[PDB]
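Working notes, beginning with the structure itself.
Lettering follows sequence order; numbering is per chain, from 1. Computation of the quantities below employed the complete heavy-atom set of this structure, encompassing side-chain atoms and omitting hydrogens, waters and symmetry-equivalent molecules. Counting convention: from 1, in listed order, for ligands and their atoms alike.
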Amino acid sequence: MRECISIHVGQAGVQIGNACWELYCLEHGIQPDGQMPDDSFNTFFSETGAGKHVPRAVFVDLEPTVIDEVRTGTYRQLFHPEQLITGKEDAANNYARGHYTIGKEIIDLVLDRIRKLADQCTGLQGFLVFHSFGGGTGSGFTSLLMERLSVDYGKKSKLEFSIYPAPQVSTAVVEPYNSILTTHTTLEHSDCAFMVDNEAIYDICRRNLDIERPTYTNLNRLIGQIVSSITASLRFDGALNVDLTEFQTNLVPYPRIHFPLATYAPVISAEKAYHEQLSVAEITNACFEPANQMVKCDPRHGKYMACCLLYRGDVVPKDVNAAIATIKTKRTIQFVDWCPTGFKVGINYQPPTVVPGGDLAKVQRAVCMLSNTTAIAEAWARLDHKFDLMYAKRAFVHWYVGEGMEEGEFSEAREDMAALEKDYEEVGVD
Amino acid sequence: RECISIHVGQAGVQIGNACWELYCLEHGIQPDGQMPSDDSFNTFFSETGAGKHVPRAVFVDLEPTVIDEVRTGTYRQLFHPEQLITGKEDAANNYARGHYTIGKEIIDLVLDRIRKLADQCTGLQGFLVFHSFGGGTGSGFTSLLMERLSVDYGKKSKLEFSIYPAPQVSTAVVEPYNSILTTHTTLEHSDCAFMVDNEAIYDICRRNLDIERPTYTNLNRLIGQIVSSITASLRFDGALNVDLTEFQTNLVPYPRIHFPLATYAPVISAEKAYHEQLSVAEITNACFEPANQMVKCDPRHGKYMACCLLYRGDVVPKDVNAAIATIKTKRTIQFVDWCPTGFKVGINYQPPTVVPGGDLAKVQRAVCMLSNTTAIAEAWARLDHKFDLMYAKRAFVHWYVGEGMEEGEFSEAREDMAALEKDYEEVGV
Amino acid sequence: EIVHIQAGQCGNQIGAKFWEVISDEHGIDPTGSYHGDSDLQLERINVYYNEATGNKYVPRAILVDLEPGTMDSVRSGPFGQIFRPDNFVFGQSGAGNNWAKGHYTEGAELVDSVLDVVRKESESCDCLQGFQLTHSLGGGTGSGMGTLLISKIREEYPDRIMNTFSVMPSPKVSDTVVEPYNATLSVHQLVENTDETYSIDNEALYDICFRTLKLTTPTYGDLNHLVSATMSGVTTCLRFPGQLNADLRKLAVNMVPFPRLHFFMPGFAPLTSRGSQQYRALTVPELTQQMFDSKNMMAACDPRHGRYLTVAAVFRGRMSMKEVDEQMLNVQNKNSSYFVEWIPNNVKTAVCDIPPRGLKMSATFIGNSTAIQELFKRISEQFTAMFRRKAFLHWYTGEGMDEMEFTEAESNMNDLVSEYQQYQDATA
Amino acid sequence: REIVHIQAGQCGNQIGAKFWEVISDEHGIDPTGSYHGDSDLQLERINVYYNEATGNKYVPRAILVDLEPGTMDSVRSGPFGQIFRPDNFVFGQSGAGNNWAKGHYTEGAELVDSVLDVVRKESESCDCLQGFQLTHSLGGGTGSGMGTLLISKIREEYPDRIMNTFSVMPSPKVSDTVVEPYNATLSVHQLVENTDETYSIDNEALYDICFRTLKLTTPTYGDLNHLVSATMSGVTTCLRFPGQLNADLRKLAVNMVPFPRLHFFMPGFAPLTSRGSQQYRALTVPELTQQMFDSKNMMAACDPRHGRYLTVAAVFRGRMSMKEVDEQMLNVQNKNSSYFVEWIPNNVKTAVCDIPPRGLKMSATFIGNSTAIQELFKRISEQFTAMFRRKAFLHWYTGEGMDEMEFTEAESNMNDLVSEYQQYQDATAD
Amino acid sequence: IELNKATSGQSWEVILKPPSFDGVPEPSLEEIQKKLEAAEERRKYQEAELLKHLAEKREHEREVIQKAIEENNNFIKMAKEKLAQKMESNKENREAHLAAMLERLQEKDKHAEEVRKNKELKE
Ligand SMILES: CC[C@H](C)[C@@H]([C@@H](CC(=O)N1CCC[C@H]1[C@H](OC)[C@@H](C)C(=O)N[C@@H](Cc1ccccc1)c1nccs1)OC)N(C)C(=O)[C@@H](NC(=O)C(C)(C)N)C(C)C
Ligand SMILES: Nc1nc2c(ncn2[C@@H]2O[C@H](COP(=O)(O)OP(=O)(O)OP(=O)(O)O)[C@@H](O)[C@H]2O)c(=O)[nH]1
Ligand SMILES: Nc1nc2c(ncn2[C@@H]2O[C@H](COP(=O)(O)OP(=O)(O)OP(=O)(O)O)[C@@H](O)[C@H]2O)c(=O)[nH]1
Ligand SMILES: COc1cc2c(c(OC)c1OC)-c1ccc(OC)c(=O)cc1[C@@H](NC(C)=O)CC2
Ligand SMILES: Nc1nc2c(ncn2[C@@H]2O[C@H](COP(=O)(O)OP(=O)(O)O)[C@@H](O)[C@H]2O)c(=O)[nH]1
Ligand SMILES: Nc1nc2c(ncn2[C@@H]2O[C@H](COP(=O)(O)OP(=O)(O)O)[C@@H](O)[C@H]2O)c(=O)[nH]1
Ligand SMILES: [Mg+2]
Ligand SMILES: [Mg+2]
C-alpha cells in the first residue's frame, strides 16, 4: 500500500540510486541479500514468499558499464536482473539520441518492466525519477520516459531528482542544451522536481566535509542523505510527523511553479572530534544560510511562496516553535502577500543513519528545508545564458539536427524557459 | 349527566394526573378501580362487570414518556389501555406541527376513543379539555380536536382548562406564537375557558407554601385543588353549577369574553405548628386579594360582569352573608351597567380533601371564587405584545410555514386577538 | 434516538473523546457494559447506545475516514473496543486535505458504503430525532465527505434533524495553505444542509490553551479536551433526565429564528486543564459571568461586537436554582444592549443535579449571536487572499471542479455575513 | 565499443605500424601477439583495438592497404609485423605514382572492393562497432587518393558510425614532390565531408620539431614518426585506458566539433623526446601545462596565438597531483582567456591517466580546435594556386581521365574552409 | 334572595346594587378538512421542491466527477498524439538526412565512372 516505484536514468541517475539504495537498506535493517531481522517501508520494498525484500525500483541506461557495476556489485542480489535494463550504445551526450535514435529501441522494454513492478502495487502513489540534466540519456531518455508514463499512468504523481550541471563537477560543453531541452519536454509531465546543483554538493564537501577533490561517491552519498530525508515521510510512519504530498500542496501554488529548493543541515566531517551535538535552532538557522542550499541561488533577495521543515532524529516541537519564532521576527524572510507566513513542519523519529566507512559523521538531529522561493529561477537564468551563447552561433546544433531534431525545438524549449522565468517574475509581484 | 375529561399534551396530562388523583380521594376510589361502603360521582366514572369505576377520561400526547409515567404508577389499573393514546414524537414546541403535521395522523384514533367513551352515555353534558397554551401538542392538537368535537358531538358544552405560560415556569421562546394561534382556533369552539397563569401558581407555592423553587408536582397539587373546587358541584349532589351549561349562564354573558378569573382560599402549608383554623369572613376577604388569584391581572381596575363563590366543607350560610355585607361596607367594587351588582353563592358540604403526605394541609373550610372581570384583557395584552415583537421581524415563523400553515394565519390570529381586546374596551366602559 | 457519524482525522478524534467522556458519565466501561452507580444513568441511555444482549451497550456511531490511519488509532485506543466493527467505514486513498477529493472523486466511492451502515443503524430505533456529525472544515474527509454525507442524508431523511460539531480552521493551528478553500466550500453546504451547527474555532481553542490554561505548547489532546467538555455539556439535556424533557428539534425551533442563521457559539466554564488539578469550589456569579465572557467561547468572535438572538445555558451540579436565576437576570439587566429586544425572554437556563467528571459544578453556553459573522469574514478574507491570484486552485480544478463553484461558495458566505448584519442593526 | 583501423599507403602503413608497436607494448602484448603484462587495466579496454583470437592471443583490428608491395613487405618483416592477420594485408602492384587520381579513381578503385571485403569481415566480429580510424599521407597516391576513396566507400556502408583520421600534411621541408599540394588539396575536400574528426599532423611542424628543438641536423622519417606515435598513444589514451570517463569516439566528436566542416584538430605533445633517447628527469605539472599550449610543441605548424580556440581537450598521463593539474589549467585559460571563445562556455576539458607512456614518468597530450589551423590550409592553397595558376604537372591527373574543373572546385572548397575558419575567429558574443 | 337547596350542597343569589341599564346588548367537517388537506399539500410541495434541489446537486456531482475523468482522457489523448507526431517527424527527418547523404555519395560515385570512361576516351 501507498506504493512508490523509483526510476534511475543514465550514469548520474543510477549512481545516485545506488547511494540512495544502500542507505535505505541501512535505515530499515536490510542486508545486501534482501533478508531483514513499522510495516511502512514496504512502500519502497516488495517482499517474496522466501522473506527477501526487493526495492520497487528500475535502473535504466543506454550502455552497460554503469549498470554492470551493480550487477557484479556488493548488492548484485538486492535486485532482479529483469529490473536492471542496459543498452549497448550510449546517447553520446545527445538529447536527440536519448529521446529518439537510441532510446526508442529500449523504451518499450523499460515501460514493460515498470508495468510489472506496477502490477504488484495495491495502491501506487506514483514515480521517483533520478536523472542528470547533462547526459544524453539523463536528458533525452528521461523526457521520453516521463512523456510515456503520462500516457501509460495518466495523471499519476511523477517526481524528479535532477542534477544541475557544474563545471567543477565534470560536465560537457553541450550540457546547457540537454538541460534546457529536458526541462521543456518534461515540464507538463512533472508534478514536482528536486533540483540538485552539483556545485553546491561540491562546495559542501569542500567546506564542511573538507574534500579538496570530491569523488562522485562523496557527492552521491551526500545527495542520498538529502533524498532519504525528503522520502523519510514515506518509508517511515511516526505519530511525531513525517508527511510528504501535504508538503507538495504548499510547495506547488500553480502547476509550473513546482521546483522546491532544499537546504540540508548538518553536514559534519567524520573527524570534527568534540562536536557532539547541536541544538534544534542551530540546525533550523543553518537552513537560512545559502552555504547549505542544494541549488546555488539568493532567496534573501527574492520572495517566498512556501517553507517546509523536515526534522529527524531527536526533535521536540517545544524547541522547533521556539526556533521558528526567533526566525519569523527577522525581516529577510519575505513571503508574497497572496500566501501565509507559516512554515509547514514534519518530524521523524529514526535518526539519520550514516554509511559505514563514510565521510559524514553520526548526527543526533538533521533537518531539510523545502521551500518555494522565486530565487530558484536564477538557476534557470544561469543555464539559459550558456544556451543563448552557443545557440546564437548554433554551436553543436548540427549533432541534434543530424539525429532528427529541428532548430524549432530549441526555440520552442527556449521560449518555454523564458515564459518560466516570466512566471517566476509575475508570481513574486505583490 | 356524564362528563369526558380530555388531557392534551405534557401539561394537561400531568395536571389531569393530579385531578383524578384528587377525585379518587374525595369519592373514596382505590387506584385499582374499586371503592368501599351521594352517588353523583358517576358523572366521571363508568363501572365494569367486575365492580371497578373507570374514570371517563382520555389522555393524549404525541410522545410516549408522560403517559408511561401513568401506565406505571399506582393508578395504572384505573384506566384501560384504549383511553391512554401516545404517539412516537411530540410537536417540537410547534403549533403548526401539532395541528397540521402530527395532528392529521392521530385525530380519528383520539375521536374514536371519545366515541366509544360517548357510546356509554345516557346523555353527554359536554367535555373538559386540559392542556397548556405554549406547547406544540397542548395547542396544535387541542385546537384541531376542539374543532372536531364541535362537529362530531356538536351543541355539547366545553370547559377549557389552560395553563397560561410564565418565564419563572419552564417557558419556551415560541410560546406566544402557539398561545395566540391556539386562542384564535379555540375561540368559536369554547363555551367557557379557565386560564391558570403559571406565575400566579408559582408565587402561591412560595409566599404561602414556603417552597422557593417549586416542582411541577407542587404547582399541580394547587391547580387540582381549584379544578376539583370547580367540579365540586358536578361530582357531588350540589345546587350551584350542577351542570356544565351552568358556567355559560352563571359567568359567560358575551360569548367571546369567556375567560373567568379564579380565586382560592386558604393556601395552607403542613410544615408549620397548628393554630385556630380560619372562619368564613377570614377566607371570604381572601377571595378579593390579588395574592390568591389564579391569574396575574388587576381586578381593582376593570369592570366585572359576573361573580360566584364556591364553598367547601364546614361552612354556614349566615356566616357567608355576614361576610358579603362587610365587603360592600368599605369597598364599592365596580361592575358593568348592563349587569346586576351581585354574587351567586353556592355551598357544597363535602370536606376539602388534601393529598395524604403532601405540601397542602388538612382544612375544614375552603372557598374557590369564579368571577368574570374586564381585567383579564391585561393578561392577553402581555402575550399580544410578545407575539408582536417576534412577528414584527418574523422570528421563528419559518418553522410554522415549514409545517404547512400560512404566514396569513399569523396576522389572522393576532387581528382576531386585537378584536377580542377591543371587546373588553366596548364592555369595559 | 440519535445516530452519530464522525468523519476524518479531526472528526473521529473529537468524536472518540465525546464517546469516552459520556461513557464515564453513563457507567459504560471500555468493554461495553453498565457498571454505573444510579439507574438515572440508564434512564436515557437509549439515545446514544444500543443493546447487544449482552447486556452489552454499543455506541450508535459510524466511523468514517478516506484513509485507515485514524480509525486504527481508535481501534488500538482505550475506549475503542466499544464500537461495532461493522461500523468502521474507511478507504485507502486518503482525500489528502482536499475538499474536492473528499466531497467529489474519493468520497463518492466510499459514500454509499457508509450510507448503507446508517440505513441499518436507523432500523434499530423506535423513533429517531436526527443525526450528529463531528468533523473539521479544513481537511478533505470531514470537510468534503462530511458535507456530502449531510447532503445524501438530507436526501434520505428530509424530516430528520441535522446537528454538527464543525471545527473551524485557523492559520495559527495547522499550516496547510488550502484550508480557507475547504472551509468556505464546507460552510456554503452547512448554511443549507444543517439545522444546528456548533461553531468550534481552533483559533479560540489554541488561545484558551495558550493564554488562559498557561499551556506553553498546546497539543491536539488539549484542544480536544475543551471540545469534549462542551460536547457533553451541550448534550446534557438529551441524555440526562431533568425537568427538561426536551430534544434536538425543540432546541432548533427555539434557537434558530431564521433558517440560515443557525451557527452557535459554544462556551464552557470552568476551563479545566488536562489531568491537573481541580480543588476549590466556584461561586454562582463566578460560574455565570465567566461563561458570558469571551475568554470562555470556543468561537473566535467578540460577542460584544454583535447582539444575541437566542441563548441556551445548562448549569451542572448542586447549586441554588435561586442564585443561578438571580445571576442570569442580573447579567441580562446589565448587558441589555447586546441581547435582541424583539425576542422576549431569549436567554434560557437549564440545570442538572449530577455534576461532570472531576469538576463539581460546570456551565455550558450556546449563543446564537450576530457576532459570528466575524468568524466568516476572517475565513472569507483568507479565501480571497489566495483567490484573487487563483493560488492553489489547480488542486481542485484537477478534481473536476470549476472556478464558478469557488465564486458561489464565497458569494453564498458573503451573503451570510450581510444576513447577520441586518438583525445586528435591527431594534423593536 | 570496438574500433576498426585502416592504414593506407607508404605513410599510412609507416605511421600505423609504429602506432601498433607503441600501443601493443602499452597493453602487455608481445610481437607474437601473446599477453604478459602485470596490470588487469591493460586488458580492461583491449577489445577496442584487438580481436581476442584462439589460444588466448590478441590480434589488431587493422587492415593494411597499399597499391605497391614495398612498405607492405617491410611491415610484414617488421619487429611486430607477424602480429597482424596476413589476410588483412590488402595490397596491389601497380603503384599510385604519388598521384591522387591513380589512387582515388584508377589503380585504387580496382583494389577498393577487395578492401571492403576485409573491412566487412572485421566489422562482423564486433559486439558494437564504434567507428573507423584511418592513417594516411595527404601527399601521396594511395594515402591521399585511395584512402579518401575508402572513406567515401566505408561512409556509404556505415553512415551511423564515426570516421576518425590521422592525416599527415605535406611540407617542402620534407618532400620535393612538386604535385604534393594538388593531392593535399583534393584530400582535404574529401576529409571535410567524409570524416567526423581529423588530427592534422603537419610534416612542416614535425621536421621543425626534430630540427630546431631536438637538434637533429638531418632528421629522418623515423625521427618524425616517433612524434606521431607519441601523439597517437596520447589522443587514443582515454579510449584504451580505464578512467573517469566513458570513453567514446562519438562523445568526443559531439563535444569537440561545434560546426560540421570544422573538425581538423591541432595535436600537441609534451615532453618532446628524441627517438630512442633515455629520459633525463620528469617535467613538473606547470611545465606540462605550459609546454602543451606552446606553438613550439604543436603537431601542426600554426600559431595558436594567431587564432581562437573553439574547443580544447587535454590528457595528462602519469601519477601526478590533479589539484596542481587543475590549478594550472585554469590559470592558463584565465590569462590567455582572449584565445578562447566566449560563445562556447567552458570549452577546455581535462583527463588524467595514471598509466604513463613508455619511458616517460609524465606526459601531456593536447587536442585543440583552433581557428589558427586556417594557416595550414592557406599554406597548402598558396602552393596549390601557384602550380595550378601555371597548369603545372596537370597531365599526370588528366591522364587518369580527370578534369581541370575538379581542381578549380577543390581550390574554392579549400578557400571556403579558410573563410569559414576566419568567420568564427573574428565572431564576437556582444 | 334564594337560588336552590340541595343534598351535600346549596345555592342563593345575592343582589347588592341593581343593573343601571335594562336591555342587555349594545362550522363544518368538509371546510376543516378542505383547510387541513390544503396545508398538507403546501408541506408536501416544499418537500418536493427541496427534493428537486438535491437532485440537481446530485446531478452536479455526476458532471464534476465526469469532467475529472474527461480531463484525463484528453490529457492521455494529447500526450499520446503529441508523441505520435514527434516520433514520426524525427523518423522521416533523420532518414531523409541519411537518404540525402547517400545520394550525394552515389552522386560522387557517378563522377568516378565518367573519369574511368574519360581515361578510355583519352586512350
Ligand atoms: C498549532 C497546531 C500544531 C499542529 C501543534 C501541535 C499538534 C499536536 O499536538 N499533534 C499533532 C500530532 C498529534 C498531536 C500530539 O503529538 C503526538 C499529541 C500530544 C496528541 O494530542 N495526539 C492525539 C490526541 C491525544 C490526546 C491525548 C493523549 C494522546 C493523544 C491525536 N492523534 C491524532 C490526531 S490528534 O504540536 C504540539 N503545534 C503547537 C506545533 O508546534 C506544530 N507547529 C505549528 O503548527 C507551527 C510552528 C505554527 N507551524 C508542530 C511543530 C508540532
Ligand atoms: N552527482 C553526480 N553527478 C553525476 C554523476 N554522473 C554524472 N554526473 C553528472 O551528470 C552529467 C553527465 O551525465 P551522465 O549521467 O554521466 O550521462 P548519461 O548520458 O545519462 O549516461 P552515460 O551515457 O552512461 O554516460 C554531468 O553534469 C555530471 O556532472 C554521479 O554519479 N553523481
Ligand atoms: N403547571 C404545569 N405546567 C406545565 C406542566 N408541563 C408543562 N407545563 C407548561 O406547559 C408549557 C409547555 O407545554 P407542554 O405541555 O409541556 O408541551 P407539549 O407540546 O404540549 O407536550 P410535549 O411536546 O410532549 O412536551 C410551559 O409553559 C410549561 O411550563 C405541568 O406538569 N404543570
Ligand atoms: C436538548 O437540550 C435543550 C433543548 C431545548 C433548550 C435547551 O436549552 C435550555 C436545551 O439544552 C441545550 C431550549 C433552548 C432555547 C430557548 O430559547 C432560546 C428556549 O426557550 C427553550 C429551550 C427548551 N425549553 C425549556 C422550557 O427549557 C426546549 C429546547
Ligand atoms: N481541534 C482539533 N482540530 C484538529 C484535530 N485534528 C486535526 N485538526 C484540524 O483539522 C483540520 C484538517 O482536517 P483533518 O481532520 O486533519 O483532515 P480530514 O481527514 O481530511 O478531515 C486542520 O485545521 C487541523 O487543525 C483534532 O484532534 N482537534
Ligand atoms: N611523417 C611521415 N611522412 C611520410 C612518411 N612517408 C611518406 N611521408 C609523407 O607523405 C607524403 C608522400 O606520401 P606517401 O605515403 O609516400 O604516398 P602513397 O604511399 O602513394 O600514399 C610526403 O608529403 C611525405 O612527407 C612517413 O613514414 N612518415
Ligand atoms: Mg550519454
Ligand atoms: Mg410539543
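- As PDB records put it, the drug at ligand 4 is colchicine.
- The chain with the most heavy-atom contacts to colchicine in this structure is named in the PDB entry as Tubulin beta chain.
- Chains with a heavy atom under 4.0 Å from colchicine: B, C.
- The PDB entry names the source organism for chain C as Ovis aries.
- The PDB entry gives chain B the name Tubulin alpha chain.
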